[PDB]
A.B. asks: 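Sending over a structure as structure tokens; questions will come in a sec.
Residue indices begin at 1 and follow the sequence shown. One-based numbering, in listed order, for ligands and for the atoms of each. What you see below is based on every heavy atom in this structure, not just the backbone, and it leaves out hydrogens, waters and symmetry mates. Method of determination (from the header): X-ray crystallography, 2.5 Å.
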Amino acid sequence: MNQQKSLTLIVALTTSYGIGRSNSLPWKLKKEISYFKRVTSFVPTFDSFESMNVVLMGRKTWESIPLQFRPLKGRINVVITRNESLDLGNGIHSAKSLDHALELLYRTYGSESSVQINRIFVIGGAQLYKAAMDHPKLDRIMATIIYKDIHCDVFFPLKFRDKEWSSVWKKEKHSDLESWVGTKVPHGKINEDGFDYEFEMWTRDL
Ligand SMILES: NC(=O)c1ccc[n+]([C@@H]2O[C@H](COP(=O)([O-])OP(=O)(O)OC[C@H]3O[C@@H](n4cnc5c(N)ncnc54)[C@H](OP(=O)(O)O)[C@@H]3O)[C@@H](O)[C@H]2O)c1
Ligand SMILES: CN(Cc1cnc2nc(N)nc(N)c2n1)c1ccc(C(=O)N[C@@H](CCC(=O)O)C(=O)O)cc1
């Protein structure tokens, strides 16, 4: 009713868990952003008829996305916001929280609907990551790790890759990565504009 699907989080962070700086991305990765697109837009062909995935984001992230690329094309876009008097959108929903966002969707995209949801993604920011991380339906993390310690002022809320969470978070094999995002993905490090990064998939039991 409120929670049918599992939540998936997608983030890019430095080894020190930094995700932002000056309400921006401390970096510029063309291939990192294309993987983003790919992962969150992908829906099985046979189902490519009826379905769309969901991109849930907080207000600030929405404001950061190049206005030329907003709304995210091909995905159900939902902005999380308390102070929502006049959201701006032509069928771009607003919701006062993740749980409210989940019942909104579950109420709009019902059997009535010609449009049905496939997967649901939390794309940021720090603040929504924090709510997602505590949600009882969050079971997968789509993370891109950057091997540079760039200066950030925004950090990811749980050190999911540290020994302390090793009995809860498990890092899946790459072959498993590709099986889920339904495509061959670069393995090992990619270097761009001097940055060395890598794609990983972390799961947890609920
Ligand atoms: N590294 C990455 O992958 C990644 C992805 C996205 C963003 N970022 C970065 O993260 C930073 C922005 O961080 P942020 O924490 O300020 O932004 P954010 O979550 O995008 O925006 C926070 C705003 O969203 C709303 N919000 C979020 N969670 C809410 C909840 N549970 N209930 C109600 N409202 C909620 C509030 O909006 P109202 O004021 O509208 O009520 C709050 O001011 C920047 O560095 C941005 O670049 C990084
Ligand atoms: C600021 N921001 C948040 C952002 C950026 N990179 C991320 N990277 C990952 N891996 N995960 C995230 N959650 C993420 N979030 C952005 C900024 C731009 C676009 C964006 O324009 N995306 C286009 C891609 C355009 C392109 O290929 O050049 C899209 O259609 O998805 C998305 C999110």
A.B. asks: What drug or investigational compound is present at ligand 2?
C.D. replies: methotrexate
A.B. asks: Per the PDB entry, what is the name of the chain that shares the largest number of close contacts with methotrexate?
C.D. replies: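 Most contacts: dihydrofolate reductase.
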A.B. asks: Write down the UniProt domain of chain A that holds most residues touching methotrexate.
C.D. replies: dhfr
A.B. asks: Applying a 4.0 Å heavy-atom criterion (strictly less than), which segment of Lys30 is in contact with methotrexate: side chain, backbone, both, or neither?
C.D. replies: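 It is neither part, as no heavy atom is under 4.0 Å.
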A.B. asks: Give the atoms of methotrexate, by number and element, whose distance to some non-hydrogen atom of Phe69 is under 4.0 Å.
C.D. replies: 21 (O)
A.B. asks: Nearest to atom 16 (C) of methotrexate, what protein heavy atom do you find, and at what distance?
C.D. replies: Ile65 CG1, 4.2 Å
A.B. asks: Quick one: look up the protein heavy atom nearest atom 17 (C) of methotrexate and list residue, atom name and how far away it is.
C.D. replies: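 Its nearest protein heavy-atom neighbour is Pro66 CD, 4.1 Å.
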A.B. asks: Hey, is methotrexate close enough to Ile10 that some N/O pair sits below 3.5 Å?
C.D. replies: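 Yes, at least one N or O pair falls under 3.5 Å.
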A.B. asks: Counting from 1, what methotrexate atoms have a heavy atom of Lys37 closer than 4.0 Å?
C.D. replies: 30 (O), 31 (O)
A.B. asks: Measure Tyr129 to methotrexate on non-hydrogen atoms and call it side chain, backbone, both or neither using the 4.0 Å cut-off.
C.D. replies: side chain
A.B. asks: Considering only heavy atoms of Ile33, which atoms of methotrexate have at least one such atom less than 4.0 Å away?
C.D. replies: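 Listed by number with element: 5 (C), 6 (N), 24 (C), 25 (C), 26 (C), 27 (O), 28 (O).
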A.B. asks: Do methotrexate and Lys73 have nitrogen or oxygen atoms that lie under 3.5 Å from each other?
C.D. replies: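 No, no N or O pair falls under 3.5 Å.
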A.B. asks: Answer with yes or no whether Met142 contacts methotrexate, where contact means a heavy atom under 4.0 Å from a ligand atom.
C.D. replies: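 So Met142 does not count as touching methotrexate.
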A.B. asks: Any idea which protein heavy atom is nearest atom 2 (N) of methotrexate, and the distance to it?
C.D. replies: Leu25 CD2, 4.0 Å
A.B. asks: Which protein non-hydrogen atom lies closest to atom 10 (N) of methotrexate, naming both residue and atom, and how far is it?
C.D. replies: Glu32 OE2, 2.8 Å
A.B. asks: Which residues overlap between the UniProt NADP(+)-binding set of chain A and the residues with a heavy atom under 4.0 Å from methotrexate?
C.D. replies: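 Those UniProt residues with a heavy atom under the cut-off: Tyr129.
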A.B. asks: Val11 heavy atoms, cut-off 4.0 Å: which methotrexate atoms fall inside?
C.D. replies: 10 (N), 11 (N)
A.B. asks: Check whether any protein heavy atom sits under 4.0 Å from atom 19 (C) of methotrexate.
C.D. replies: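 Flag for atom 19 (C) of methotrexate set to false, no protein heavy atom closer than 4.0 Å.
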A.B. asks: I need the source organism for chain A from the PDB entry - what is it?
C.D. replies: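 Per the PDB entry, it is Pneumocystis carinii.
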A.B. asks: Hey, quick one: which of the residues UniProt lists as binding substrate in chain A get a heavy atom under 4.0 Å from methotrexate?
C.D. replies: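 Checking heavy atoms, the UniProt substrate residues near methotrexate are: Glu32, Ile33, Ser34, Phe36, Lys37, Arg75.
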A.B. asks: Among all protein heavy atoms, pick the one closest to atom 31 (O) of methotrexate and tell me residue, atom and distance.
C.D. replies: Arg75 NH1, 2.7 Å
A.B. asks: Does an N or O anywhere in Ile123 fall below 3.5 Å from an N or O of methotrexate?
C.D. replies: yes
A.B. asks: Write out the binding site of methotrexate as chain and residue number, heavy atoms closer than 4.0 Å.
C.D. replies: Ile10, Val11, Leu25, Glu32, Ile33, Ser34, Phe36, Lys37, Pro66, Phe69, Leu72, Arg75, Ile123, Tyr129, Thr144
